[PDB]
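Structure containing azosemide.
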Amino acid sequence: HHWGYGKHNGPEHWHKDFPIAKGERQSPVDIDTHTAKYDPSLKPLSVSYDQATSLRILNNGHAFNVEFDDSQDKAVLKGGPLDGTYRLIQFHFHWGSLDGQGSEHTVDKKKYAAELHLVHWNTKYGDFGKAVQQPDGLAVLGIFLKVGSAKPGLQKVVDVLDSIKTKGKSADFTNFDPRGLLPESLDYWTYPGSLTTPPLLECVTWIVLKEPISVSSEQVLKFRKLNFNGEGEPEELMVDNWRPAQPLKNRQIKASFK
Ligand SMILES: NS(=O)(=O)c1cc(-c2nnn[nH]2)c(NCc2cccs2)cc1Cl
Ligand SMILES: [Zn+2]
């Protein structure tokens, strides 16, 4: 009876196994655009992905992860609110059953169709497992998806999903360039938060881009054909794998822009 996003094991249940679910810095949150303050002291954000080495794509039974070689400083996030160097380890998405829901963060209570999370760990802690035990251990770059024009840089991901339909399936996924998933502007909001999946550790600096990327209806429809189940089990479509907005509590959301 493990956590998930079903009727009986969804986000409202997670506190029973993970009491930090009701903690002081849980994610995601609603970004109230009128309450977020411009912080002119935020340094410019540095996304250095030209040397990124993608390795593999995995269906982990609640999303799919694109994993990178993070055994050296190739693909790194620096600047903005961050002290030091954060190495890209994986990206994944959250999405909906319908275009009107799917994102984890919301903007003035608006839900986007999906949300991309590029997960990075703080290299001063030496490995990801040590970093998630620290209040500044991770940095996640969050990017909203809206449905409209296709995102050409997403299609290589869409086209491999047929090969990882069910939980525990993986496929080689080399030479994927995550720069193709970025919007034009790097304007962002930032706040201290958590993992949005169990174990919900309070170890994340969130950096959420203001500009959404556009993907096509056909692209998001292919996300919704994945399965939560393993092979040879009753089909349960992988949709609505998002945690809703959590209380902001004693936190301020800072804007990089006026
Ligand atoms: N939604 S999120 O707050 O961005 C988050 C979600 C996951 C996730 N959910 N399920 N599987 N991974 C994650 N895993 C990191 C790694 C995966 C494998 C080796 S390290 C990290 C973060 Cl910060
Ligand atoms: Zn995520």
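Going by the PDB entry, the residues shown for chain A are 3-125, 127-261, listed in order. Excluded from the calculations below are hydrogen atoms, water molecules and symmetry mates; all remaining heavy atoms, backbone and side chain alike, are included. Both ligands and their constituent atoms are indexed starting at 1 by order of listing.
- Tracing azosemide through the model gives ligand 1.
- In this PDB structure, the PDB entry names the chief binding partner of azosemide (ligand 1) as Carbonic anhydrase 2.
- Using a 4.0 Å heavy-atom cut-off, the binding site of azosemide (ligand 1) is formed by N62, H64, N67, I91, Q92, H94, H96, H119, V121, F131, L141, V143, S197, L198, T199, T200, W209.
- When only non-hydrogen protein atoms are considered, atom 15 (C) of azosemide (ligand 1) lies nearest to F131 CZ, 3.2 Å.
- The deposited model shows no covalent link between azosemide (ligand 1) and any chain.
- Here the protein heavy atom with the shortest distance to atom 1 (N) of azosemide (ligand 1) is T199 OG1, 2.8 Å.
- Regarding atom 19 (C) of azosemide (ligand 1), its nearest protein heavy-atom neighbour is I91 CD1, 4.2 Å.
- Summary of contacts: the protein heavy atom closest to atom 9 (N) of azosemide (ligand 1) is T200 OG1, 3.1 Å.
- Which parts of azosemide (ligand 1) touch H96 is read off a 4.0 Å heavy-atom cut-off, strictly below it: atoms 1 (N).
- In chain A, UniProt Zn(2+)-binding residues less than 4.0 Å from azosemide (ligand 1) by heavy-atom distance: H94, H96, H119.
- Note: chain A touches azosemide (ligand 1) mostly through UniProt domain Alpha-carbonic anhydrase.
- Considering only non-hydrogen protein atoms, atom 12 (N) of azosemide (ligand 1) sits nearest to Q92 NE2, 3.5 Å.
- Remark: minimum distance from atom 11 (N) of azosemide (ligand 1) to any protein heavy atom is reached at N62 ND2, 3.3 Å.
- Residues of chain A that UniProt annotates as binding substrate and that have a non-hydrogen atom under 4.0 Å from azosemide (ligand 1): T199, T200.
- Protein heavy atom closest to atom 10 (N) of azosemide (ligand 1), with residue, atom name and distance, is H64 NE2, 2.8 Å.
- What sits closest to atom 5 (C) of azosemide (ligand 1) on the protein, heavy atoms only, is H94 CE1, 3.8 Å.
- Inside a radius of 4.0 Å around azosemide (ligand 1), the other ligands and ions present are ligand 2 (zinc ion).
- Atoms of azosemide (ligand 1) lying under 4.0 Å from at least one heavy atom of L141, given by number and element, are 23 (Cl).
- Among all UniProt-designated active-site residues of chain A, the one at the smallest non-hydrogen distance from azosemide (ligand 1), rounded to 1 Å, is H64, 3 Å.
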Give me the pairs of N or O atoms, one from azosemide (ligand 1) and one from the protein, that sit under 3.5 Å apart.
from                 : atom 1 : to   : atom 2 : distance (Å)
azosemide (ligand 1) : 1 (N)  : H94  : NE2    : 3.2
azosemide (ligand 1) : 1 (N)  : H96  : NE2    : 3.3
azosemide (ligand 1) : 1 (N)  : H119 : ND1    : 3.3
azosemide (ligand 1) : 1 (N)  : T199 : OG1    : 2.8
azosemide (ligand 1) : 3 (O)  : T199 : N      : 2.9
azosemide (ligand 1) : 4 (O)  : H119 : ND1    : 3.3
azosemide (ligand 1) : 9 (N)  : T200 : OG1    : 3.1
azosemide (ligand 1) : 10 (N) : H64  : NE2    : 2.8
azosemide (ligand 1) : 11 (N) : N62  : ND2    : 3.3
azosemide (ligand 1) : 14 (N) : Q92  : NE2    : 3.3

